[PDB]
Each structure stands twice: as structure tokens, then as C-alpha cells.
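Cephalexin (bound form) complexed to Penicillin-binding protein 1B, as determined in this entry.
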2 protein chains.
Amino acid sequence: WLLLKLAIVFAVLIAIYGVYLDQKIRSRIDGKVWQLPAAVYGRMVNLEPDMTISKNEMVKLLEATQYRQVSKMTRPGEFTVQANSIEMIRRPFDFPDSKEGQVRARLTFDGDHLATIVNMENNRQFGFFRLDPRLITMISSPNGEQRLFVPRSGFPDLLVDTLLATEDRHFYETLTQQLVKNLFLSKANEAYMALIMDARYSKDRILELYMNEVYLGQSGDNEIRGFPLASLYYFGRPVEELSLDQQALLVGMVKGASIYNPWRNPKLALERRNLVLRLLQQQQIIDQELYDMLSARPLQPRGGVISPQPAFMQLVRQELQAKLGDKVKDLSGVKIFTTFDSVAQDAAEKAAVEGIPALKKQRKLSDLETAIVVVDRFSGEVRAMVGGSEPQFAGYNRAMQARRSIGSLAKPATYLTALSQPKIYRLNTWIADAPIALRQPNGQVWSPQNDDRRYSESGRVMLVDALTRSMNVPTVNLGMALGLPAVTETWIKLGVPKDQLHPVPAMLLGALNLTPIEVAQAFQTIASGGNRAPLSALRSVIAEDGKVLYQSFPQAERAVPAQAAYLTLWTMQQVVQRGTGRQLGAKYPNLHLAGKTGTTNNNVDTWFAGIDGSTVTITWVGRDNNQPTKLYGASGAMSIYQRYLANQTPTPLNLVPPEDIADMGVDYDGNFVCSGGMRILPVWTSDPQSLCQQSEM
Amino acid sequence: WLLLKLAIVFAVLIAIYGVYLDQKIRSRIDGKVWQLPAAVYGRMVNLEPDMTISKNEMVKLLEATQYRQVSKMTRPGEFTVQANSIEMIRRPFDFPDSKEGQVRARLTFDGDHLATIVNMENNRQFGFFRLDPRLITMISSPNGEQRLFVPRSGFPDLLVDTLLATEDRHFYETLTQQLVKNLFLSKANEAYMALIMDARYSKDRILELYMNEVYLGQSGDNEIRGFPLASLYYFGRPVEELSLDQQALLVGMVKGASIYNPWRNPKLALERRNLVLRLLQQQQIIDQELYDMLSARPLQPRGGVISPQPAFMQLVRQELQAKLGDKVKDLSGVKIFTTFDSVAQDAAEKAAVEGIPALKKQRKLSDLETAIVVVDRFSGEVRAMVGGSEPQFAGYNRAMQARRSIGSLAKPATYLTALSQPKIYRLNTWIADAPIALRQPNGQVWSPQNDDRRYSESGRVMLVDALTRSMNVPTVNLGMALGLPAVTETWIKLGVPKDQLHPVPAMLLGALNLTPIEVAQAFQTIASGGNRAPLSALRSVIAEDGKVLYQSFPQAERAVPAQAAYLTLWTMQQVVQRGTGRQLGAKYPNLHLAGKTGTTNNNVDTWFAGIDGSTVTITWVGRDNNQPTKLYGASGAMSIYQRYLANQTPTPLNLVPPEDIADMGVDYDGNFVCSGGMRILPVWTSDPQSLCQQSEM
Ligand SMILES: *C(=O)[C@@H](NC(=O)[C@H](N)c1ccccc1)[C@H]1NC(C(=O)O)=C(C)CS1
Ligand SMILES: *C(=O)[C@@H](NC(=O)[C@H](N)c1ccccc1)[C@H]1NC(C(=O)O)=C(C)CS1
């Protein structure tokens, strides 16, 4: 017999093929298994005793951070609402500062402020309590396969059993065969690889690799793979927080994700979900005492979840390039922590989605558009970005790309340049309000007019009223007295791009084309108290091994004096209370908002700059075809800001006067009085006996 | 270990695949291996003592039957030439009568006749000696693969060794691998099949199957496979009769027949032939004492050998359908024995190939054509068929397909109808030669004229002279006296198609459109002595197992009386000696040829019917466009027959007078005389005292 002898070498030749496969499995598994895309997270909110936040504001903040309201808590990422407190189970999160687990706390409130945050385990108060950030999106991997790596513990025991019942009973050496099918191949070859895989790597590793590989959905040209990313994609909570009905649907989609897609066909997807529920009940785990309760819950955010936050993600990407260059991207398992505010965004999106079609019908238009930028008053951190009236599905971001004439938003700069000189210009400084005729290099006569084409009876107005009422004629006169290079110098210090400044008399009235983000920088500089803080979207960039690649730091710069900024901010409160913006100040008088309206020529662009206790908000309302809006600054843009304020809880603006601020009294003539006077104006002076020098006449 | 245990079943699964292959090899080999195409052979010539054949005629007959002239005989199919004898080795042939082997005989001659055929082994005379037939062609197999099966002995020992040296040394268990590669497949599968093939079937069978399978050439869309058919295709002798240089070329072509094809590239083919010769010399068989003698012989008939004898093969195919129907063809290894004469054909082809371009230049024409049919005088067996001036490459066969007006070839029929009545018409019967005017159903006057438009001085001519000189006017008068139905009755008896006979006065002059084969039937009937023998191309059809499928038998039928046919034949000798055909009778007076010329109106068609001692030859010369040839009956057609007679050895016509034939004397008045007379004519009379009844006046 030369049958065995010749075919003995067949066992040898296939065994050496197995040693070749073992060498290949180790090359992949003992190291890089996948190119894990960059995880993009929102702001990490730290709660504190005596912090200004209400019970309702906390529910809205919890709900925005993927937390669920329940009557009785069991799972993490859940909360209960009481008459004066909130009980929650803060989900486990690998924070860059320190990795944390499950923390069950009670948040006791006293109306407007947070009294205590007590651990429900030991009954002890917290010095500060960390709220985990919400996962915004994932930056597209070139491979086209999107995942979120989660270890063995991260998957609950119920889900492992839900998967075991529909697929395998591990105790041999199909689960390890399916792994090698998705992980390596395009039947005999996979069964041979599974023999090696099971023998070398322990059971725990097999189900860890499988639960992060399996195909579960599709978004454009990106594969939604593995149970952890699928959980957030289909419902909106981590894999650990799933209910059994949701686990059954995720488990059911494994053998055919495309036909069990609830977005396309819900009937077949619901039918397959009940099939998983009817498979589990047959086994020792479940009884028909709740099968009809799980099968009764029909499922989902019903959106495509393709490009989450396209307006804000443009800036994130642009800043990742500015700080880390070209890689970044080579690295796998990157964690990006942004300045993004889920509360401010939903409110800004709702103000855009509802406000615009309401202004389109009201004014009888066909193509009105908008742009909203929300930044932190002091730090300059970009909290929210709205690129248009349709912020969900966007291709054009009007917050970073739409360069438009700013209009009357250019007025504070002139007054800030004047109020920078306390020895000359004060709030009671009389500005001429009489006809203007300025000959230019043409030589055509430039005769700017006031909005009503009227001039003051006495032929003058005080500085304070000129900005409050957004008067053009006194603005030019003041701006021409300081000189255009001085006013152009203020703008550079405010943070606006240098190449956009054209020093011509028209600049004082709005001949400055900026994007809402560039406008947000100029208003932030004055709102912080004169400190120019460069606007940012990146807080930190962390690697897989917890290595800090990028870490942002406070880099604020003193641009304009503190007292000049305060005097401008105080006058900006007068525009919101009595001036052009008085329609807002009547709706919210207890917010003491500092603001400025903007209306370009022929109602082409409508602008509003709103300053609360915590944020600087730039709202722009206009048409993409540069056509009339039949809208003003107070209407349109400001009515979108009022909607943004009504959609959330705004912080009231309490202006803390800095050094050398003295509230002085003036008479009808505008002269400082020792005691009394019909008007009280703040003055940048260290010795109020500026009245004595004035009263002596 | 579950390595051996799991892979022990791999030896089992491949062994059961081998038992499947053994079952498949037996299904093919133990029975039908190939669909062997029908072998088509020429006439089987039987030599006899006292037979009329010369030494030179025998050399020509041997050379035509693939026999080679040598100075010293060694191999079969060879012959030597002496002063009065021929020594030959008659090759082995499986004759239908009795299978024979190698016979070395001396053929002693006495000028014109064969004296003795003596076996050179025992020095004994033969009663009859069989000459093997030449293989004409093979009838195309639907499979498209042409072969000629030859057993193990059929291949010489030198050729087996010539093949062994270039390929294998059989003693194991590549020769059996090459077999299964060509015989079954489109490397591992063939080596596995070769293990089975070698183990079950003995060595002898392997080389028998291989030597009949191997690809050696191509002809149109037919594969020339195996050494036996390749031998005749490339050289012209059976595989047994090859020289070592020819064996080496055939052996060399095995690994690549297309690039070692001597028809396309002779340089590479000659180079590879010397490569085989230089491989054999290295081994114990050959020494450099003759390598330079074998390598010095450069090779071949240089023709395509695509469609051998297309004109004659049309009839073979047509008759195979008439006698055996649709199968035939299902059967494999069929042997077809035809009436084909290789000597008559080469001579008829040479007369067409040389004669036509010679008549084209001579007469200054551009498209002259021809057709030649040679049949056996008595049996009616078709010996040769020429379809045109280019008989090698033919698409149109003018012998079976070209229907043309016969002209003066219609004259013998009228005289045969007249000479059938001995009581009325004799050779000395006076026929009127005066103007004719026959009113027809138009009513237009038909006035036929003699070729010279002249009439006899006395106003009459004798019957004998009227046919001899091919006179039109006396032919009509004789034909109208017998009546057209009597003359139409003679034609039916002669064997011409019934639907082509139009009984109108014009028929007597050539208003009869026939093909040369149909003309061959009419002239055969009279040349045999009045016996109509249906013309045939098939002698027998034999199966592979020597089973007689078809066997032809003598089926001659008495059509016209013997004496009437003789009197017509004797007058046909007068046309060749003194009449229209006198140009032939001066070149060959000792042949006493019986003939008739034919010239249609406006020299459109030229015809000649030549009768020798053994054959009836119909020659037609005309243009395919029915245009003037500038040629007559005596010139053109008859000049092609003279070339056919000069290219071979014709049998002299010695007319044996049948019963009641008496040579009688006539005076100038044409009356029978008792003794004397200026003319001697044969008369169908049993009592010559027809002179007494005549002389009494
Ligand atoms: C600033 O934008 C300043 N605008 C104008 O002077 C433009 N050219 C204008 C537009 C409509 C009607 C009259 C003049 C204006 N400031 C505002 C404002 O507070 O929004 C408007 C309403 C007019 S003065
Ligand atoms: C028979 O073919 C008979 N032919 C004619 O009468 C034709 N019409 C003819 C052709 C040319 C010149 C005069 C008449 C003739 N038989 C032959 C012959 O023997 O071949 C010819 C030459 C003229 S009579």
C-alpha cells in the first residue's frame, strides 16, 4: 500500500498550512486588530455645591446627556425626579483626569441653586461631581468601518446569554468560525482557523473580539459594526444600558442587518425581534410572565444619524489640523473632547427650525436663512454652532462660511475706542447730530443719514444715547474725531481678521464683512471684560493608552481696558432695556442682557449680539441670494435669539464694575453735579471730584 | 492526535475517486474509443497471366497505387524495374475477399501482355494476383477528429524505439499520462489516471492507443490525428513503409504539430527533424556513419490534401445515400470500396490542367472550362470524374451539375432507332438530302441547315455517311420518318432522365440538355453492345468487424438489339477514321476508336464521346457563362480526349461482330452485289442472299 504512505504527507502539508495560519492570527490579534476611528465627545460638566442650576435645568441637562427618567432606578444612565431633588446613577466613564465607575447620587436643590450632591452609598457630600460627556460622532476611518472598542466587562451577562441562545454553546475545541469569517475571509478554511483561534485564545477574548466585529448597520459609505456603536446608533445609550427587548433586536440583526433594519422595513424587524424573544423563553432563563410585555414595546430616534453636528464638526476638524497637523489620523482609538454644549445646541437648533418658517410665512418670503454661534463669555469656548434653517442635514455652514456686512454691530468698537480715553470721552460726552458731507477720493460727497433721516432738536446727543439708539450721524462724527486708524486698532485687538479691515469712513457704519464666528470673537473680547480669548472647539486629544496628545490651556490676552469694556457693556444693556433692542428687555428684564442690533442697507442682513451671564450669542438672519428680508435687527435675528433664550435657562447678566468705576450724577445740560442730578451714569474715575471741576462754573 | 484520524479519511475519499475513474476508463476503452471516420478506397485491381498490360503501364499503375521505384527492395510498397520484368513487394491489405500479408512477386512481360506473376518465395505461378487499392480520402466525422485505426503489429519496431527515445522508458507502475491528457482531459489528475491505466491495461495496449490518438496535423476544420493517417497525409505511404527520417519528423511533431508543420515553416520543421536524429544517435541504436545521410534528405506532396477528388466524391456520397440511407454514418470504422481509377484520373486531370490554358491562349479566351467522365464500357463503373479546368481545388462539379445542350451527340440515337429495323434501314439506306421546311405550332417554319449550308449533288446520301459526316438535313429526314416517339423510346432505353426528353423535331439535332454523367450512361448502353448498365461509384461497403453492409452486383439490362448497337459503333469508327473525328484517327489508327463529335449553335458547347476497348469517355468543353468558345467538336473537347489518351495507355477497340452480322458488298448505286462492289458494309442478316433479291433487277 502506497495509499497511506503518499496521503500521510497530506496531513503534514495541511498541518504546516495551520502553523502558517497561527502565525497570521497572532500578527493581527497580538496588536492592531482594527483602525478604530476617533471618538468625539461633548463638554464634561462638573457639578458643584452652591452652583447656579435649577432642578428643571438639571433634568434638561441630564436628558441631553443620554440620561433616562424613570420611577424606580435599576440600570446606570437613569434618573428620578422629586419635589426638591434628583436621584441619578452616573454611568461609568473613562475621564482623562481619573477613570470612574457607577456613582448613585442625590442632587438637592434650593430653587435657583444646587445645594448638595450626596453619594447614596455612604451618605457623604461631594466637593465636585463629574457628569460624563455625550458622544457626538465618530471621525470617518479611511477603511470605511466604524467601531467603538469595549472590553469584556463592558458587555452585560444578559446580552452574552441573549447571544449564546441564538448562536452557540461554547465548550468545544461556530462563534469562533463567524469571527474568522468576518475578521479574515471573503467553509473548510474557517473551521480550520477556528480550531487554532479557540485553542490559543481563551473563550473571553473570542466573545470580546466577536462583539466588536459583527455588522449591525450602515450610514452612507460607513459600516456600523459591533454591539457598542450599534447601541448608540439605534437607540442612544451604551451597550451596558440596553433593555432586553433592545438586546434581542441587536442580537437578531447579526445574521442579516440590511433586512432587519428598522429604518427601512419595521414589520420584518419587529417580527425578528419577537423571534429572539420566543427563542429565549423556551430556555430556563425567561417565562411567559413578561414575554408579552417585552414583545409589547415597539422598539429609535427615526433620523439617519449620518453626519451629527456638521456645522460644529467643521471647526473641530479645522482646529485638529491647526494643533496636531497630519497625524493624529495614523493613531487608533483616539478620544477627542470638545467644548460642545448639548443644551445650547438643541435650543439653537429649535430656534432655527421653528423661527425661520415662522418668519417666512409672517413676512411672506420664500428663502430666509440663519446662523447661530454660542461662545463662553470668558474662556471663548464654542458651545453651539448653527449653519442654517435646516441644521440636521447640512452642506453649507453659514456660521463659518457666510461672510456678510455686519452693519450696526460695528458701532460698539467706536464707542469702546472713545470710552478707552476717560480724560476725554465719557458716557455724558455731547456728540454733534447735524448734517454730514464728507468728500472722498472720487470726489463724491458721502452724506450718511440717521435711520429716520432726522436730527436732534438741540443739534446734539450724549454718547450713551447715540449707541443705545444706534444713531448713524453721531457715530460717524465720533469715529472721525478719534480717526479711523484708532478704530481699526480696536478691531485688531477685538480679534477680527486683519485683511478684512478697510480704513474708510464707511467702516464706522458696517463696511466690514465678517462671518458670525468672527463676530463672536469681537463680542467675546468686550464681554469677558476686555480679555481677548481665542475661540476654541478643542479641550483635549487623548490616545488609546491614555496619552495626552493635545491639552488646551487658558491663553486670554488683555486687548482693551477693563473700564472701557464695562462702560460699553452697560450701554449695551441700555440698548436692550430702552434702545433698539427694547423688545427683548421687556420679555426678560431680570436677565439684564447686554446687546446690539444690526440692519444693513435695504434690509439685506439682520444681526443681533446677545450677552448673558455665561455666553456671547451671535445670531444672523438673511438670504443666501443677498436679497431683502423685509426684516430689521430687532425683528428676525433678535426674535431667533429670544427663541434660543426661551428654549433654555439663560444666566442673568450682573455686571461687576471693575476698579475706578464711580456712579456719577449729571444735570439736563449733561454736567456732573456734586449731589443729585436727573441721570446716574457710570464713570471711569478714581476720584469722583470730577464734579467739583465741573460744578465750579 | 486527530491529524492522522481526520486525514486518514482523505486517503479513503481520493481512493473512491480512483475507483470512479477506473469505472470511467473501462466504459470508454472496453468498447468505443473514437468515432472512426469512413475509409474510402479506389479500385482493387486483380492481375492475371495473359492479361493485356505492358511493363510501362504496370510501372504507372504501381506508382499510382503508392508504390516506390527502388534499385534494391527492402520494405513493402516497393518495386524494381528490369528489361522484361518487374519485381515488387505487394503490401499487406485486409481485402474483403480474404485478408493477405506481404507477397514478393516477379511480373514477367511479353511486350503488350503480362506473361506470368510468380511468388519469389516458392518460385510458383499465381492464378490471379491482387493489387491493393489506394486510399483516396476519409469522410468527415462530425466530431471533427480524423484517424485510421492500426493494431500493435502495424507499427514497426524502429518507430516504437524512435518514440521511446524522445519520450519514455516504460517499466514503471508520462506515456500513459500523455494518453489520458489527450484522451480524457482539458497535472495531478492525469498522473492519478495513468496509475490506473498502466495497472489494468498492458504496455502493448497503451502504445496502441497512444499511436492512434496523438495530434499530428490540420486540414480545414478536421484534426489529423494518429501516426497511420499522418503518414499518408505528410508523405503518401502507410506507417509500416516509412523511412527513419520520416519517422523522426512524425515523432518530432508530437509535442507541437502546428509549429513543426512543413507546409507553413520548413526551416523549423527540418531543424526539429535533425533534433530527433541527434537524440537517437547518442543511444546504442545509431552511429554517425549515416546521421549525415538521414539529415541530408530534406523531408512531401506540397498540396493542402484538404478535399481529395471532390468531383468523384460527390457521386460516392450521393450513392451511399441511395443504397444505405441515413446510417451507415452511426457505424464506426467503415471501409468504402469505390470504382475509382487512379491511372484514368491523373490522366484526365492532366488533360484538363494542361489542355484548357493551352486552348485559352491558342483561341485568345479568358474563361474556358471542361468536364470529363470515364466509365467502364460493359459494367458501367465510373472510373474517373473531372469537374473543371482546376480539378484539385473545386466547388462546382461540371460532370454532375452542368446541364448543357448535347448537340450532335443526339445523332447516334436516331441511327440506332433506324438500324434497329434490319428489314428497312441498313447502312446502305439512301437518305434524302434536300431543303426542309417543317411548320410547327406557332406557326413558324423550321428550316434546319447542314453546317456548310450545302446539299448533296445527287440530292441524297447513304445512312452510313450521314452519321459519319454528322449531316443535319438527312438526320432530320430519317428522324421524322421513324417518328419522334420511336426516337424518344430509344433514349429512355439508353438510360437518360425521362423528364429531360422533349419530343419536338429539334430533339433530333440536340435539343436535349444533359450533364456529362447522363451522356456517359447513353453512350455506355450502346458501347456495351446494347446492355444498359446503371453507372456506379460503389463496389462495396464493409463494417469494422468485416460485416458486408452493401455489395453491388451485375444488373445490366438489354435495351437495344446487339446488331443495331454494333452497326452504330462501326459507323462511330468511320467518324473517327474519315468523318468529323478524323483528326483523332490519324493520330491513333491502331486504336479503332468509336466516337461522335458535338458542336452546339454559335460554338457555345463542344462535345466528344470516345470509345476504346475498355472505356467510354465523355468530354465537354464550354464556358460557364454560356458564351462562344471559338472552338468546334473536333477541336477543344476532342483535343482534351487526345491528351487523356496520350497521358495513359488506351485499349484498342476491336469490335466483335455479334450473331447475324454479314459483310456485304454494294455498287455505286448502293445496291447489294453477289460478288464484288466498290464498298463493303456490315449487315444485320442471317442469310446474305439479300443480294439475290437486289441483283435480280
Ligand atoms: C445699523 O445697522 C444701522 N443701519 C442703517 O443705518 C441701515 N442702513 C438702515 C436700515 C433700515 C432702515 C434705515 C437704515 C441701523 N441700526 C439699526 C438697528 O438697530 O438694527 C437700524 C434699524 C437702523 S439704523
Ligand atoms: C451537331 O452538333 C451539329 N451541329 C450544328 O449543326 C451546329 N448548329 C453548328 C455549329 C457550327 C457550325 C455549323 C453548325 C454539327 N456537328 C458538328 C460536329 O461534328 O461537331 C459540327 C462541326 C457542325 S454540324
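Chain IDs: alphabetical, in sequence-line order. Since chain A takes its numbers from the PDB entry, the residues it shows come out as 67-239, 267-279, 287-399, 402-799. By the numbers in the PDB entry, the shown part of chain B spans 67-239, 267-279, 287-399, 402-799. When a ligand or atom number is given, it counts from 1 through the structure's own listing order. This deposition comes from X-ray crystallography, 2.4 Å. These numbers come from the heavy atoms of this one structure, side chains and all, not from hydrogens, waters or symmetry mates.
In contact with cephalexin (bound form, ligand 2) at heavy-atom distances under 4.0 Å, by letter: B.
Between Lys513(B) and cephalexin (bound form, ligand 2) there is a heavy-atom distance shorter than 4.0 Å. Assignment of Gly700(B) to the shell around cephalexin (bound form, ligand 2) is supported, since a heavy atom sits closer than 4.0 Å.
Source organism (PDB entry) for chain B: Escherichia coli (strain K12).
Taking a cut-off of under 4.0 Å to the non-hydrogen atoms of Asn703(B), the atoms of cephalexin (bound form, ligand 2) that pass are 8 (N). For cephalexin (bound form, ligand 2), the modeled covalent bond goes to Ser510(B) OG. Using a 4.0 Å cut-off to heavy atoms of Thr699(B), the atoms of cephalexin (bound form, ligand 2) that qualify are 18 (C), 19 (O), 20 (O).
Taking every heavy atom of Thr682(B) and a limit of under 4.0 angstrom, the matching atoms of cephalexin (bound form, ligand 2) come to 19 (O). Across the listed options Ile508(B), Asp553(B), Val677(B), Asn574(B), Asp553(B) owns the non-hydrogen atom lying nearest to atom 23 (C) of cephalexin (bound form, ligand 2). Between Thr701(B) and cephalexin (bound form, ligand 2), a contact under 3.5 Å exists for at least one N or O pair.
The active-site residue of chain B per UniProt that lies nearest to cephalexin (bound form, ligand 2), with minimum heavy-atom distance rounded to 1 Å, is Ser510(B), 1 Å.
Using a 4.0 Å heavy-atom cutoff, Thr702(B) is listed among the residues neighbouring cephalexin (bound form, ligand 2). Residues touching cephalexin (bound form, ligand 2) within 4.0 Å, heavy atoms only: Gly509(B), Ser510(B), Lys513(B), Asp553(B), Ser572(B), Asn574(B), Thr682(B), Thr699(B), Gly700(B), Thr701(B), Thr702(B), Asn703(B), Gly735(B).
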